[PDB]
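Structure containing darunavir.
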Protein chains: 2
Amino acid sequence: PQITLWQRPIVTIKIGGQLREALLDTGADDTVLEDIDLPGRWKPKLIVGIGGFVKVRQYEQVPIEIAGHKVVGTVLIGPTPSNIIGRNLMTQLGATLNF
Amino acid sequence: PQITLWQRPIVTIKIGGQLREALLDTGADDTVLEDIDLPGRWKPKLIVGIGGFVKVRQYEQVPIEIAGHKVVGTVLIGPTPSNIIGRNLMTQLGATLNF
Ligand SMILES: CC(C)CN(C[C@@H](O)[C@H](Cc1ccccc1)NC(=O)O[C@H]1CO[C@H]2OCC[C@H]21)S(=O)(=O)c1ccc(N)cc1
């Protein structure tokens, strides 16, 4: 799809058998979700956003469906005021910005 | 232009006679710059953000050139780890996300 930016670019995701929404975020290097259970091993990571800092769990090689497209990559779990799909996974969709 | 997202989508901006770079950020509702003097009146705002809160100055009807395109809108000034161009101004460029 093509979408314009008059509203937030929110898409449906499926991860670990649960359905959520997330914002396609070209300003985010990494994908960060809050409201989700992932199984298995993970590593502590701190990420830095406008408001300071947030401490996250890094899950590697996570299967995720984004607007219908299956991909695998890194997902960070931690407090974020909005679930975010970052460029790590947008590149897998061949996403572009156009103007 | 069309750009891909393997690298951060950074563009050149000109504002208030000052040249800067900024990230094109579809996850940001508003444009937020740190490293910049604007003249005139402004209002306090809190914007929220991944690691919490930031206190910003809101400047209205600010002339800004983004990748060569002249627009006017709202610019927030305050601490941000990265200058970001939000949807308030990308809609003025007719920007779209495509996949
Ligand atoms: C500030 C950016 C360089 C970085 N961020 C992405 C950014 O798109 C966030 C993404 C975002 C979105 C909603 C809430 C928190 C963070 N948007 C944001 O801070 O925008 C603010 C300015 O406009 C307002 O509208 C949204 C909040 C305000 S971030 O959230 O800090 C971030 C940083 C690193 C990663 N991996 C993922 C996210």
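Here is the naming used below: chain letters follow the sequence lines, and residue numbers restart at 1 for every chain. Computed over heavy atoms, backbone and side chain alike; hydrogens, waters and symmetry mates excluded. Indexing begins at 1, ligand by ligand and atom by atom, following the structure's order.
One finds darunavir in this model at ligand 1. In the deposited model, most contacts to darunavir (ligand 1) involve the chain that the PDB entry calls Protease. Those other chains that come under 4.0 Å from darunavir (ligand 1), heavy atoms only, are A, B. For darunavir (ligand 1), the residues with any heavy atom closer than 4.0 Å are A/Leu23, A/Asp25, A/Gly27, A/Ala28, A/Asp30, A/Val32, A/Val48, A/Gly49, A/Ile50, A/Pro81, A/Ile84, B/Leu23, B/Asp25, B/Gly27, B/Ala28, B/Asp29, B/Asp30, B/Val32, B/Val48, B/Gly49, B/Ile50, B/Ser82, B/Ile84. Per the deposited entry, no covalent link of darunavir (ligand 1) reaches a chain. The protein non-hydrogen atom at the shortest distance from atom 30 (O) of darunavir (ligand 1) is B/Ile50 CB, 3.4 Å. Of all protein heavy atoms, the one closest to atom 4 (C) of darunavir (ligand 1) is A/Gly27 O, 3.6 Å. An N or O contact shorter than 3.5 Å links A/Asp25 to darunavir (ligand 1) by distance.
Here the heavy atom of the protein found nearest to atom 31 (O) of darunavir (ligand 1) is A/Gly49 CA, 2.7 Å.
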Does darunavir (ligand 1) have any N/O pairs with the protein under 3.5 Å, and how far apart?
from                 : atom 1 : to      : atom 2 : distance (Å)
darunavir (ligand 1) : 8 (O)  : A/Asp25 : OD1    : 2.8
darunavir (ligand 1) : 8 (O)  : A/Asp25 : OD2    : 2.9
darunavir (ligand 1) : 8 (O)  : B/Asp25 : OD1    : 2.8
darunavir (ligand 1) : 8 (O)  : B/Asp25 : OD2    : 2.9
darunavir (ligand 1) : 17 (N) : B/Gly27 : O      : 3.2
darunavir (ligand 1) : 23 (O) : B/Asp29 : N      : 3.1
darunavir (ligand 1) : 23 (O) : B/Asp30 : N      : 3.0
darunavir (ligand 1) : 25 (O) : B/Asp29 : N      : 2.8
darunavir (ligand 1) : 25 (O) : B/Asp29 : OD2    : 3.3
darunavir (ligand 1) : 36 (N) : A/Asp30 : N      : 3.3
darunavir (ligand 1) : 36 (N) : A/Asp30 : O      : 3.4
darunavir (ligand 1) : 36 (N) : A/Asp30 : OD2    : 3.4

